[PDB]
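The structure under discussion appears below in the form of structure tokens.
Chain naming here is simple, since letters A, B, ... match the order of the sequence lines and numbering starts at 1 in each. Only a part of the entry is shown; contacts are counted within it. Side chains included, hydrogens not; waters and symmetry mates left out as well; all remaining heavy atoms used. As the structure lists them, so they are numbered: ligands from 1, and atoms in each ligand from 1.
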Amino acid sequence: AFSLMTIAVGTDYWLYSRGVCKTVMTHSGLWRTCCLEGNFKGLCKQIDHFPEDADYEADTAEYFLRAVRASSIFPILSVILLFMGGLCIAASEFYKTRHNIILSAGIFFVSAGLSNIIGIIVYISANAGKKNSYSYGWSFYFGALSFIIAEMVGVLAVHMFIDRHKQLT
Amino acid sequence: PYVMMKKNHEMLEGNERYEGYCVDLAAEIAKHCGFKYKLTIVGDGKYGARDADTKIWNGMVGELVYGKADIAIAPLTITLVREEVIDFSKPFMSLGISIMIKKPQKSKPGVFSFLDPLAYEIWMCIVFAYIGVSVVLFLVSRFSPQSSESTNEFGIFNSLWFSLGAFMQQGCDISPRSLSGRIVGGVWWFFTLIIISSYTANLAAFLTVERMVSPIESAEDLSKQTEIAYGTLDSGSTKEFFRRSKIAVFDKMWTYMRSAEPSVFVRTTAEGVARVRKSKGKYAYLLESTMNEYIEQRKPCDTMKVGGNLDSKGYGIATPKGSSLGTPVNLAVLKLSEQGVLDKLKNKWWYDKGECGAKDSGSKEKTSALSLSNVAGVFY
Amino acid sequence: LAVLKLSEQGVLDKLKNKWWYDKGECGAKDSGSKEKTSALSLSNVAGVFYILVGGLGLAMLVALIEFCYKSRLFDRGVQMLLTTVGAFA
Amino acid sequence: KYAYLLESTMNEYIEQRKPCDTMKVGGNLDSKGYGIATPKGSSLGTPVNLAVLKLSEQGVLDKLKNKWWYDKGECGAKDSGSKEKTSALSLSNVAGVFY
Amino acid sequence: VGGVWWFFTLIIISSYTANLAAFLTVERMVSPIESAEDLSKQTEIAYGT
Amino acid sequence: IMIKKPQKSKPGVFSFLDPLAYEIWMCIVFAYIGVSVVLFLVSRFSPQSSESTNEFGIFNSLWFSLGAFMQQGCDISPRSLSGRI
Ligand SMILES: NS(=O)(=O)c1cc2c(cc1Cl)N[C@H]([C@H]1C[C@H]3C=C[C@@H]1C3)NS2(=O)=O
Ligand SMILES: N[C@@H](CCC(=O)O)C(=O)O
């Protein structure tokens, strides 16, 4: 689940739609949008939160949704909590018989999905608002799979911790 | 379908070459009147409306003025300006000006149309919310306190079953008992209140206004659209009908026919049929009533007749003025009307070429019972 | 007199809408003539998803702060006092 | 128990005019036309032949048709289709559920 | 079995209650006989000329 | 006067609570706290099988009333004549 997300953060075929590539189909992403089927092909441009005919002024709803989107703080927090969850798994072998790092791991794997699920929403909600017949590619389905795999680790981290304190019982 | 050549027209020659409505009509005239006929197609291709100041109406009527042809068993509008130069008989069909447009292509069938009032992103994010709440409701309900943590019935698979029971509105026998477990079950109850009622409200909306309509289906609707341009047949009486306009909406139509970018006219009605199909909903064509219903019965059924007839004119068998042959032909029109032959000949060419088979009378009712084809997905 | 003629037949009514509106290109007058029903998009309903993840954030947090409390209203004589201050306020 | 046959412009004039308690169903079985009649060989035949085509092309016969069938009779149902109103349930609407 | 039949219930009930007000207040005409062919096949009525 | 168009307004984040005005959402929560405290007070009147038979504490009566409002009922039912009202 860590390897699926770090690919999906790095790769840039999250969105296939009709858009420009230098300032018609696109290899869009969180940071670098690219292009295919054109005279240009692969001349990737770092996307910007443009105000030119966006016409948002003191819109605290629209500005905060796009500033979180331009920062992508929720998919990045979905990485940082997920690696610290993996650091707790590595600290289950070493510093053993503490038994509370197994509880501590399952919190980070579940909260990585909570960071992931709202990171899905702030990507989709900031997107619409035309880009007709858009496609979500397979980078987005990596993070969709990075949601479900990270949960079952947080599932099995709890079920080991169940057996740890049933051993203490 | 008035006169069009056979499929083996290159093999045959003479009067046996041509077929159509008028060819069947010309057979029935001489059967009752008692002559022998010979068919001559005009070299023009235009029906023969007003001349370019030359006054010899270029078309059928110029062949009637010149004495080259004896009778005109042909689609030819009985209007005032044609009456002053040649003779007409009584009409054999009644027809009006009609607007012909493209199909709306708003049909949209489906097999999984029950998943339609929410988008694909939401039905995805419901499942992500379903799994995410079910594991949080588990991870809350199973900590360190027989054992007092065994009192809870909330395993993960019971947590999968509780979150489904709240979302499907059915409820469950188990319910959370701790303060931390009633928070996760309480917010998911607020989630399934809005999301399910967004489904039940919008599925009422997709089951009231699911219909195919055209927004320009009236006369005044077509007059006001600069987006949907409109023209008619060049060198015809329909074009002459808008030259002498009277009514204010008809004068409004004559303004856009002059200031047309580009020129909206076509040389033949079928070229105007082909122009609407290439325009794909952004251009309309005004042609005849009996011509429009014949276009509906042909391939590929991508046109439709909107609105009633603008006027009520007719087609008549025409002779040049002062011809002795034509007065029993006037009786011959009244005979074929009386013995139902003009109905039966119209019953011939408008029935057998009904390859389209729609017979779209329409259902203006809005209270339609749900067919099994609407909701066959949930049975699958 | 000619202006008073034209105003009474309605020519100036006919001239003003013809030059202002018909020569103009804005079709906002017939954009509202048709109405549609669409599917709910996620941009329409996302606050309920925001409360839900915010509700799961509170749900995991209360289970954690109570658990560290156990690992490491109340006292009747003062709950009468809180009632009196409550009854006064 | 009695279905009467007559001409088309009669049946539209009956149904538009009050008490408006008949209905025009179907189309025209045989299509025919009223014609202004003159004696045979009259000098007053040929301008009559031209005068009907004058009124039809200019739109007078259309203007005469929209005038007369609207002026005399108007049953209210012919223009009441646009109005939509809501009402309460009645017990007659749901009575088999009680049964 | 219970999970799918619940999803069957949620669609069929919501398709039932979508327009239940209009189907109890239909206000439609019967239109018994028309187009002279049903007149040819239903002779309980009398004709007139 | 000439201005530029509003060009449209997006529905907000919390647009789901637009069919009811903000007076009603205050009065529903006031009806929520009002019913929950009464339903606790009705069922506990000092009749162990005495005073402990009813499950309806204050925290259960919060959970029954929010259960009854969100259309997913809970296990506990009042089981008394003044409680079932
Ligand atoms: N409705 S139609 O075009 O099929 C149609 C129209 C007409 C037909 C026959 C048909 Cl099939 N014949 C009539 C005829 C009957 C007498 C009155 C007018 C001529 C002589 N003319 S019409 O009224 O123009
Ligand atoms: N039959 C018509 C064809 C041309 C038109 O429709 O204007 C005529 O000759 O007048």
> Which drug or drug candidate is found at ligand 1?
Replying inline: cyclothiazide
> Looking at this structure, what macromolecule is in contact with cyclothiazide the most, according to UniProt?
Replying inline: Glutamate receptor 2
> Heavy atoms under 4.0 Å from cyclothiazide: which other chains do they belong to?
Replying inline: B, D
> Going by UniProt, which numbered transmembrane segments of chain B, first one at the N terminus, have a heavy atom less than 4.0 Å away from cyclothiazide?
Replying inline: none
